[PDB]
Undergrad: 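Sharing a structure with you now.
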Amino acid sequence: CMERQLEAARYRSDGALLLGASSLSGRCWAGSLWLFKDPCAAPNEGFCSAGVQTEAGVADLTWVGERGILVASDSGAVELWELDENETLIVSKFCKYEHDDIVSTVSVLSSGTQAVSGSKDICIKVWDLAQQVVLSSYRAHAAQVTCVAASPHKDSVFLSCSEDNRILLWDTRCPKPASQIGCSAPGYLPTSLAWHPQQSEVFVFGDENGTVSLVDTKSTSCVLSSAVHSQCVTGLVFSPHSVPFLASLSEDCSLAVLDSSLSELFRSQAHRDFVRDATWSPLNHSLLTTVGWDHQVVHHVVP
Amino acid sequence: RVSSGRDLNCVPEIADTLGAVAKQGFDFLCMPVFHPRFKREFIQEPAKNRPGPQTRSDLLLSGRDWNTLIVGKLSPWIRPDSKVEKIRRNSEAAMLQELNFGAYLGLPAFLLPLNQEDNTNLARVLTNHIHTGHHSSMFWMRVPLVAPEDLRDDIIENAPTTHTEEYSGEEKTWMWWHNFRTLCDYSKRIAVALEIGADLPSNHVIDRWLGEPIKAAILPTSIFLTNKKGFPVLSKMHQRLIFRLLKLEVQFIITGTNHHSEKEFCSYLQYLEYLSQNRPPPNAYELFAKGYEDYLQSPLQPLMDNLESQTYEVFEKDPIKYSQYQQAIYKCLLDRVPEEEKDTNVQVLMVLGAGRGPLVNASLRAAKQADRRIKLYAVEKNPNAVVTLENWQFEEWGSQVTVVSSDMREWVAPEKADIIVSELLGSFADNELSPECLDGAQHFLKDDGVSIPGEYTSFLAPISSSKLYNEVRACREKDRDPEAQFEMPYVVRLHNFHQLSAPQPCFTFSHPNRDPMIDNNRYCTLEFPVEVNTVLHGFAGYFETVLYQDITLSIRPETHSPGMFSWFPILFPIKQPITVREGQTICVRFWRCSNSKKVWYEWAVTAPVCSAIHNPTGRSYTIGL
Ligand SMILES: Cc1cc(NC(=O)C(=O)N2C[C@@H](C)CC[C@@H]2c2ccc3scnc3c2)cnc1N
Ligand SMILES: CSC[C@H]1O[C@@H](n2cnc3c(N)ncnc32)[C@H](O)[C@@H]1O
Ligand SMILES: [Cl-]
Ligand SMILES: [Cl-]
Ligand SMILES: [Cl-]
Ligand SMILES: [Cl-]
Ligand SMILES: [Cl-]
Ligand SMILES: [Cl-]
């Protein structure tokens, strides 16, 4: 058996699909992790590679190399799940209760040995995945942390956004590591963060009003934005393409793929509930897989 | 010991969770009634038509469990005061849904957060829900003692924490609550859940919450330090705050995860128990008074009304009070009768308002202690109490005591009195009309006669209590002025309140009053300097009295007679609360008015703003002659 609300969906380098799921209604509010070597077989339980039950629901997920699965739990724990030698089992490596509320977001840093977590307890923490301990604990924000996104190549740099209407650039080499950015005036609350894969110092942020914005930390100005979605932008993911496409996820229950100038190229009304996560296939870069609370795993073809 | 609760935001299954917190020793559980992350759409399709169920079943627990053990929590995504219209309208519908499900489950309390300045729409929805069927359920507004913005780590390079002092700015969290409860029209169903952080603010910020209806105190696991052994503990300043809240008799909510992994989680709770258990037991006074804490009673009128037998019983159960009266009389007899005249000179001693004769017994003890002769009269107009005196007189006292069943202003005495002993004082000294009574009895006092007491003075202090203001407001009765309850005093053991300035003297009376032109009417203007931001809800009333020379009784907090509980303080409320900010002086005017038939008080605030004159022509309150 599996839970209705699909939260996470991430492709591994070899093209295997990692799903995260939560029960957000009914008797038991638990969670589960699944691996699918056949991505078309998903979300069917009987035709999965490996599966395991978690104590509580998964709010966010991410890979830790090839065999590691880092989980943001409702329990307030950040837990790392080791993959079996033969990839038939998913076993708990550690489960550490360091947050005082739901862990909402996690992001592995460039090195791959350290991670950063954001929680509704307002605190952001930096983890050592080897020692299984919290190196640093930061209370920069004044409200629940919505998204944290590690820089692709810099292990001391990452982004964070919260309901205190702050977008903070972090550099852990500074005694005051956080730096406030955002568009000129206090805009609508930031909900999603994605670093540009190639262009350093360039990221995109979505707000609760459905607007997706392109921002440059060097210029620290609101250079470009577009009213993409009719509701909150919950996820932003860049494609592996040389000139990468930007897939934007929303609670309006629609996928929208955008160019470098945030113009609408493709859109899908396939989902009939909230669209939670999206991941591009490394085998077929044109193929994009989205998951939602309707328990659908839709495989798109982007021109 | 403490009444504790557990706060969780993660409940995999309610049965196993509730069982776990029970073993830990928690009396109730705070939890979501819908999964916190399970955001729901009410307007826009297709999310609108999401298949159910929308949450877990009400069949999972018994009706008793829902009514007693479960406190609901508003889902954190619900933002009725969002700047986005879509999020507003959806959060309105979401809020009503969760509140209505709480009402369906019959929950004793429901938690809603205040973590910003503008909660106007939140208030509008809650007020509408409150006024949709008469229910018992409480609403605990979760308010931080210090705003997270003012508690954050100074780690933002281009947005540093303001190191400059802002007196009013540091109280902003109280203004969030004050504005909210004002918008909801001081609803008795809306209380405070005060959340305490790792770093406590200035005392004035904490004292702001004195008089506020605090039902819960939320303690995160973060704020707890670690001793040498590894057990969780709190700082001396945190311990101070716990002991202040244990007096207010609030419920304690533990929130956050177990950071002290080595030891069991119950350790957090076991520490709170240790604090409360290692406290001086109530013993004398404290327990009797504890039951009466902030209990509004009409002031007794022993002149107009005949007091019940059990009312005299509590008057009589005050050994310190009668020890003083005995000492006052003991001293007086030695002053009036020289040693050589002890057998010749026999003093005429009249107890005016003898009740069941505790002052009569005090007089006899004082006489044989002083080794002086006395002839006792026991004057009492209450003919039911006269039954007690005359049975005393026949069985024990004898001819020595002469019981007189009449009013002391009417009674024609056969001889004049050397000493008159009276007990005719209320909580505001003269509010039982001791002056008018002793004035009427003064003609049968000897030219050089002594009155015990010889002097009494009333005291007033401005107070803040949103709690007591609401209790007065709830005393509205049919078939009278809707605001009559605000224009009369109450005798109350003041508990959850805030003294805004030191008590100053109001009205003084001397006995005997040999003045040719006797006028017991008074007009007094008092200037109360206030050195805090607060809200004026009324004036606490006390009294002091000189029995004889240095022998005194007092219910004035500063000079209060140790272990004396014959009198609780009096409360003079006002119709409208008055804002008083740091530095401003509260100016109150008090009149003692009278005609031939009635005596009453009028009162008015004149600064920093004027109130209405309260109880004009004694329309709401009169003391019968
Ligand atoms: C000796 C003396 C004593 C007092 N003292 C009081 O009135 C007084 O503070 N309390 C409060 C408490 C201690 C219970 C007794 C009494 C009281 C008050 C109000 C009502 S309403 C129905 N019962 C009552 C009881 C007043 N006058 C005199 N002369
Ligand atoms: C011990 S409480 C005061 C007592 O004084 C009595 N008392 C009050 N006024 C008078 C009065 N004018 N004459 C006689 N007894 C009085 C009351 O009935 C009560 O027993
Ligand atoms: Cl419902
Ligand atoms: Cl309760
Ligand atoms: Cl106050
Ligand atoms: Cl006095
Ligand atoms: Cl006076
Ligand atoms: Cl005056």
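In the text below, chain A, chain B and the rest are named by the order of the sequence lines, each starting its count at 1. Just so you know, these numbers use all the heavy atoms, side chains as well, and skip hydrogens, waters and symmetry mates. Order of appearance sets the numbers: ligands from 1, and atoms from 1 within every ligand.
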Undergrad: I'm curious - which drug did they put at ligand 1?
TA: TNG908
Undergrad: Per the PDB entry, what is the name of the chain that shares the largest number of close contacts with TNG908?
TA: Protein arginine N-methyltransferase 5
Undergrad: Identify all other chains that place a heavy atom less than 4.0 Å from TNG908.
TA: B
Undergrad: Which residues overlap between the UniProt S-adenosyl-L-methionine-binding set of chain B and the residues with a heavy atom under 4.0 Å from TNG908?
TA: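 By heavy-atom distance, the UniProt-listed hits: B:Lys321.
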Undergrad: Determine, using UniProt domain annotation, which domain of chain B makes most contacts with TNG908.
TA: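 According to UniProt, mainly SAM-dependent MTase PRMT-type.
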Undergrad: Any heavy atom of B:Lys321 sitting closer than 4.0 Å to TNG908?
TA: yes
Undergrad: Quick check on contacts: which atoms of TNG908 are under 4.0 angstrom from a heavy atom of B:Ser427?
TA: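 Once the distances to B:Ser427 are compared, the set is 9 (O).
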Undergrad: Determine, using heavy atoms of B:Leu425 and all atoms of TNG908, whether some pair is separated by less than 4.0 Å.
TA: yes
Undergrad: What protein heavy atom is closest to atom 13 (C) of TNG908, reported as residue, atom name and distance in Å?
TA: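 Its nearest protein heavy-atom neighbour is B:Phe565 O, 3.5 Å.
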Undergrad: For TNG908, which atoms, with element, lie under 4.0 Å from some heavy atom of B:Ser566?
TA: 3 (C), 4 (C), 5 (N), 6 (C), 8 (C), 9 (O), 13 (C)
Undergrad: Give, by number and name, the other ligands and ions lying under 4.0 Å from TNG908.
TA: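 Answer: ligand 2 (5'-deoxy-5'-methylthioadenosine).
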Undergrad: Considering B:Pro302, B:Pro299, B:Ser298, which one's heavy-atom position lies nearest to atom 19 (C) of TNG908?
TA: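 Nearest heavy atom to atom 19 (C) of TNG908 lies in B:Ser298.
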Undergrad: Which UniProt protein-binding positions in chain B have any non-hydrogen atom closer than 4.0 Å to TNG908?
TA: B:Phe315, B:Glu423, B:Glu432
Undergrad: Hey, could you tell me which residues sit within 4.0 Å of TNG908? Heavy atoms only, please.
TA: B:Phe288, B:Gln297, B:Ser298, B:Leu300, B:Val314, B:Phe315, B:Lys321, B:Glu423, B:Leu425, B:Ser427, B:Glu432, B:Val491, B:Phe565, B:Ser566, B:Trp567, B:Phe568
Undergrad: May I have every N or O pair linking TNG908 to the protein at under 3.5 Å, one per line with atom names and distance?
TA:
| residue | atom | partner | partner atom | Å |
| --- | --- | --- | --- | --- |
| TNG908 | 5 (N) | B:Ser566 | O | 2.7 |
| TNG908 | 9 (O) | B:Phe568 | N | 3.0 |
| TNG908 | 27 (N) | B:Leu425 | O | 3.1 |
| TNG908 | 27 (N) | B:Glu432 | OE1 | 3.1 |
| TNG908 | 27 (N) | B:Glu432 | OE2 | 2.7 |
| TNG908 | 29 (N) | B:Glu423 | O | 2.8 |
| TNG908 | 29 (N) | B:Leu425 | O | 3.3 |
| TNG908 | 29 (N) | B:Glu432 | OE1 | 3.1 |

